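Consider the following structure, which contains posaconazole.
One-based numbering along the sequence shown. Both ligands and their constituent atoms are indexed starting at 1 by order of listing. The header says X-ray crystallography, 2.9 Å. In what follows, every heavy atom counts, from backbone to side chain, and hydrogens, waters and symmetry copies are set aside.
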Amino acid sequence: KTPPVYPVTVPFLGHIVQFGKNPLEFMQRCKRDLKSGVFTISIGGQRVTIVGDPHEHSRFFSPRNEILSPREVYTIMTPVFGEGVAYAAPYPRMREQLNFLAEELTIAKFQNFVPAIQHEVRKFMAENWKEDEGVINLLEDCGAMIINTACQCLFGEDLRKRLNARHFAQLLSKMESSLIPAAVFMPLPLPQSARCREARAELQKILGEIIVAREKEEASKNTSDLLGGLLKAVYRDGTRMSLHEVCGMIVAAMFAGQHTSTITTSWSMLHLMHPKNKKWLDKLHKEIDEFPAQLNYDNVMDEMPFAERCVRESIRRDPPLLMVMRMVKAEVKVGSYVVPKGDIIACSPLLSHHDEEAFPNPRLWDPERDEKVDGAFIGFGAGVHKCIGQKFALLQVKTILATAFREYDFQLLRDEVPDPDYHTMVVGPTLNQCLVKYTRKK
Ligand SMILES: CC[C@@H]([C@H](C)O)n1ncn(-c2ccc(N3CCN(c4ccc(OC[C@@H]5CC[C@@](Cn6cncn6)(c6ccc(F)cc6F)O5)cc4)CC3)cc2)c1=O
Ligand code: HEM
């Protein structure tokens with residue numbers, strides 16, 4: 001009564017290679033050949049069970065940690081975030097920590113993000129896109145805007161002086177590269193590891209200097225930044241976060257937002273600039289050609305409904321995180337099947353977002369589409385572990401789109417839209433394809 005396995009033919013290596021080259025075509029094949037949305041594969045002799053039937057998402061996102069656990073599956077992050085941070089911490093602390101973070105997105109806070117976001121976007125553009133026309137690599141530039149823009153929202157002035165975006169990005173890169181996606185399924189002292197520690201330590205040292213400089217300061221002077229937020233925070237037992245933990249959280253917050261948003265921004269701009277999608281590009285300008293130079297939280301939140309769809313449909317068609325997993329601590333029901341204890345249960349936004357019923361014509365970028373199966377869209381996950389940076393990411397991306405398409409027009413050099421590059425653990429467009437020509441207006 002367990003879900004149908006997929007033929008192996010190579011015990012030394014599971015479906016690893018097939019999945020790595022193209023996991024969409026591969027997964028759809030499985031789900032197609034076995035006549036079942038729920039199926040099990042073997043990655044290096046380890047049963048990975050995939051809930052690929054959107055109707056059955058709740059069976060994956062609903063179970064509590066005691067039954068379904070991410071900790072063992074997400075071990076690989078521990079080196080990046082810290083030896084005692086989320087997924088490296090007992091869930092009670094983990095959850096506890098993640099909440100502090102969430103309280104940093106009170107949207108009591110967004111009040112000042114729009115002006116900041118636009119301040120960095122306009123600056124970058126007026127710094128890199130000067131000429132009346134020119135060629136840039138969209139993916140690399142959005143990455144710059146993302147990090148730059150994110151720091152201008154969460155990092156205080158004093159911190160940004162010591163740690164600027166350009167520099168912070170290098171640190172993330174240094175440690176995030178330490179990551180081998182394969183490990184997640186298959187549990188070293190590589191040059192990548194070393195760089196990762198130093199980078200986080202460096203970041204550590206600095207954050208230590210700033211705090212010291214803040215605590216010596218007295219006694220007022222207005223809205224505290226992310227770090228300050230984390231520093232104030234106190235546990236359920238009544239103890240303040242250790243810096244090592246505090247650092248980890250910041251890495252986490254920044255790490256998680258860097259690629260997912262960078263990619264989402266890119267895909268969005270790509271589709272939107274494509275001549276085939278003139279329909280929606282126009283519909284977009286129709287929505288932003290009314291806004292003033294200085295945008296405010298209100299109009300980005302409440303006055304850009306079609307732009308949100310653009311971002312959502314981007315994440316829908318090409319989800320940055322193609323799947324999420326958990327260790328099955330106890331046998332869990334799923335459809336007519338049963339997932340045995342020991343399995344790595346996983347749910348794939350990539351797969352689900354391409355189910356014919358939930359999203360007819362999956363490969364078609366349609367911003368006005370809606371899930372034909374409730375719960376089908378899981379770009380930001382769901383249940384207890386539903387993404388926390390959603391509201392922020394969306395705000396961050398939407399505002400960028402508004403500032404970019406307002407002052408520049410774009411043109412995709414390549415005939416069609418970039419192919420997804422499935423080799424990175426966070427998935428976006430290839431970037432050997434992202435070459436774009438911009439044209440300043442007036
Ligand atoms: C073929 C051999 C080789 C050759 C080259 O082909 N090859 N080629 C290609 N692949 C290959 C490629 C990819 C993969 N992976 C397997 C690992 N998967 C994976 C996905 C997500 C993941 O995330 C862990 C948590 C998820 C939530 C999040 C991130 N987050 C949330 N919001 C913002 N960020 C998070 C949450 C809370 C938080 F607080 C912080 C957080 F970060 O981190 C962990 C792992 C991805 C696919 C495997 C192999 C190869 O092996
Ligand atoms: C498009 C942008 C983002 C996407 C697509 C995204 C996607 C996700 C997904 C799919 C998950 C579920 C992970 C899992 O189920 O295993 C998740 C969780 C999470 N993400 Fe995001 N996320 C995004 C942005 C962010 C940002 C900006 C942050 C930080 C501010 C962030 C922080 C988190 C956190 C804290 C969780 C909770 C993980 C947990 O509770 O265990 N995410 N995100």
**Prompt:** Which components of the model belong to posaconazole?
**Reply:** ligand 1
**Asked** Quick check: main partner chain of posaconazole (ligand 1) by heavy-atom contacts, named as in the PDB entry?
**Response** Sterol 14 alpha-demethylase
**posaconazole (ligand 1) binding site (4.0 Å, heavy atoms)** = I16, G20, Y74, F81, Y87, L98, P181, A182, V184, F185, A256, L321, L322, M323, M325, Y422, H423, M425
**Request:** Check the entry and give the organism for chain A.
**Result:** Trypanosoma cruzi
